[PDB]
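In this PDB entry you will find AZD4547.
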Amino acid sequence: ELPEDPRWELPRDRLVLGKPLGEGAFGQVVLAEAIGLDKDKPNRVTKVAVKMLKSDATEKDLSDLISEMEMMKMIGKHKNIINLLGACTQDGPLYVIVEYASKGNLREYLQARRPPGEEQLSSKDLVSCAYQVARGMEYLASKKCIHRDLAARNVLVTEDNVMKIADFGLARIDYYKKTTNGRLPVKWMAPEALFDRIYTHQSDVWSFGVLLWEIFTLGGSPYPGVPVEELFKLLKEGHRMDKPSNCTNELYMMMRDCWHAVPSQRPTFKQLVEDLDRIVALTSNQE
Ligand SMILES: COc1cc(CCc2cc(NC(=O)c3ccc(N4C[C@@H](C)N[C@@H](C)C4)cc3)[nH]n2)cc(OC)c1
């Protein structure tokens, strides 16, 4: 049995469950329609994403779902994060109701827009995407949240092309474990986070640098064919990824600054938001 929180509770007859969303990257998530989430009006439907537990769910799987919801309540609202919209906690399974992003993850969204062998993104659209992700991250940081897994796969894209950071309310690692696409999350990890288990806003700044690299290569894979052990060796040697093609030196120096050996010397998300805001303004939409 769960305690009823009336700030968030939505009656069960007000949620129409639909087809599963994606390849279960964020757990068991379905598309749904919520009848009257707002008082004006109780007659409007909103497409929402609903997270619930699987059939083979443990008492720990339920505890994590609750913590994530409670965490989302505490963080508050921001344009550039997946927002909590409601929950079904009484007389049945737990349903955590969050914002729906119809264009999928930033890696997919970017990949579908790569020039041929939907539509192409200009040089400004790419800088705008980065600006939005740094904006989202800055909010979470201001609310004391450390993501730990910032990647393009954890950035969802809405129908209106808004960048929304996902999987920010979770708190946990197997270095050899792969993602859905067959990629290794250790590749986005700061060395101090990787070797010393030291997680900070600074280790998230490292990850943002890899995320910018993902935007500028239009969904490129970091370190292809590089196993865990060889990656360790690259980081220890001070190796850094090469400058993507059709990337300015100003933006490559931002990735580099993000990947500073010394965590204190990296820019903050507050600083990144300022720099990217200025760069968006000066970036051409003509190419
Ligand atoms: C903390 O934050 C989170 C995030 C979530 C996820 C919520 C969510 C998921 C989605 N959306 C998709 O999962 C999705 C949708 C479309 C996709 N694509 C597939 C692709 C092939 N074609 C594209 C044209 C569309 C690919 C993926 N919205 N909200 C749940 C959560 O619970 C508490 C907390």
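Sequential numbering from 1 along the given sequence is applied to the chain's residues. Both ligands and their constituent atoms are indexed starting at 1 by order of listing. Note: hydrogens, waters and symmetry copies are ignored here, and every other heavy atom, side chains too, is used. So how was this one determined? The header says X-ray crystallography, 2.6 Å.
Short contacts between AZD4547 (ligand 1) and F168, defined as distances under 4.0 Å to a heavy atom of the residue, involve ligand atoms 1 (C). Under 4.0 Å from AZD4547 (ligand 1), not a single heavy atom of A25 appears. On a distance-only criterion, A101 and AZD4547 (ligand 1) share at least one N/O pair closer than 3.5 Å. Near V98, meaning under 4.0 Å from any of its heavy atoms, are these atoms of AZD4547 (ligand 1): 7 (C), 30 (C), 32 (O), 33 (C).
Interface atoms of AZD4547 (ligand 1) facing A49, defined by a heavy-atom separation under 4.0 Å, are 7 (C), 8 (C), 28 (N), 29 (N). Considering backbone and side-chain atoms together, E99 places an N or O closer than 3.5 Å to an N or O of AZD4547 (ligand 1). Within AZD4547 (ligand 1), counting atoms from 1 as listed, the ones closer than 4.0 Å to a heavy atom of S102 are 16 (C), 25 (C).
In this structure no covalent anchor for AZD4547 (ligand 1) is modeled. Listed by number with element, the atoms of AZD4547 (ligand 1) under 4.0 Å from a non-hydrogen atom of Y100 are 28 (N), 29 (N).
Each of the atoms 2 (O), 3 (C), 4 (C) of AZD4547 (ligand 1) lies under 4.0 Å from some heavy atom of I82. Set against the non-hydrogen atoms of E108, the atoms of AZD4547 (ligand 1) under 4.0 Å away are 26 (C). By the criterion of a heavy-atom distance under 4.0 Å, neither the backbone nor the side chain of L65 is placed next to AZD4547 (ligand 1). Close approach of AZD4547 (ligand 1) to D167 (heavy-atom distance below 4.0 Å) involves ligand atoms 1 (C), 2 (O), 3 (C). Applying a heavy-atom cut-off of 4.0 Å to AZD4547 (ligand 1) picks out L21, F26, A49, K51, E68, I82, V96, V98, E99, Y100, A101, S102, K103, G104, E108, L156, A166, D167, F168.
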